[PDB]
Amino acid sequence: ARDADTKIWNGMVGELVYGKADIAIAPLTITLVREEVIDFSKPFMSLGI
Amino acid sequence: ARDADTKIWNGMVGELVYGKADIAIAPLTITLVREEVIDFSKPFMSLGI
Amino acid sequence: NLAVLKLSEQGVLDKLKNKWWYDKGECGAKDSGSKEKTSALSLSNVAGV
Ligand SMILES: NS(=O)(=O)c1cc2c(cc1Cl)N[C@H]([C@H]1C[C@H]3C=C[C@@H]1C3)NS2(=O)=O
Ligand SMILES: NS(=O)(=O)c1cc2c(cc1Cl)N[C@H]([C@H]1C[C@H]3C=C[C@@H]1C3)NS2(=O)=O
């Protein structure tokens, strides 16, 4: 997730935001706050809380 | 769908390909061959046959 | 974007999901939920009588 007041995305987000990692095939959830910094394909498996 | 042997999209997808429409809020199923001519958003409702 | 739709079209996602969730039915109720035992009456059943 992002940091408060500095927007530092850690974790698997910042690996793609900050140019570290090239692609991420992983259980990652399409949100609203993630489309602004990275892009997602069409979803391949559905779920819920 | 496309016509046999001519690749002429009738129906609503042809209305987006041939410049006659602008957007299609509709019960429209994301297939493969519809991706190569017109863009889709993320899915909003899931179903099956 | 064009690749994940091929796997959705050809059921490869279904095959992988079956392999990694349903072929490894291990614990209890999934396997033994459709079997039958006859009876043997013990005293814990009939006590209030
Ligand atoms: N039954 S499931 O959760 O494993 C599952 C879920 C999905 C699959 C395929 C499977 Cl097998 N592909 C769909 C895609 C197909 C087309 C329609 C939406 C997307 C495009 N997304 S999905 O709805 O996320
Ligand atoms: N239960 S359903 O089919 O009506 C349905 C199906 C979908 C919904 C919302 C609903 Cl209510 N939104 C999802 C999107 C929302 C976010 C999370 C995945 C995608 C992004 N697409 S979806 O999986 O197509």
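One letter per chain, A onward, in the order of the sequence lines. By the numbers in the PDB entry, the shown part of chain A spans 452-500. For chain B, we keep the numbers from the PDB entry: what you see runs 452-500, in order. Per the PDB entry, chain C residues shown: 747-795, in order. According to its header, this structure was worked out by electron microscopy, 4.2 Å. The displayed model is a subset of the deposited entry, and contacts were enumerated within the subset. No hydrogens, no waters, no symmetry mates; every other heavy atom, side chains included, goes into these values. Atoms within a ligand are numbered from 1 in the order they appear, just like the ligands themselves.
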List the macromolecule sharing the largest contact count with ligand 1, named according to UniProt. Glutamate receptor 2
Quick one: what's the drug at ligand 1 called? cyclothiazide
Which other chains get a heavy atom nearer than 4.0 Å to cyclothiazide (ligand 1)? A, B, C
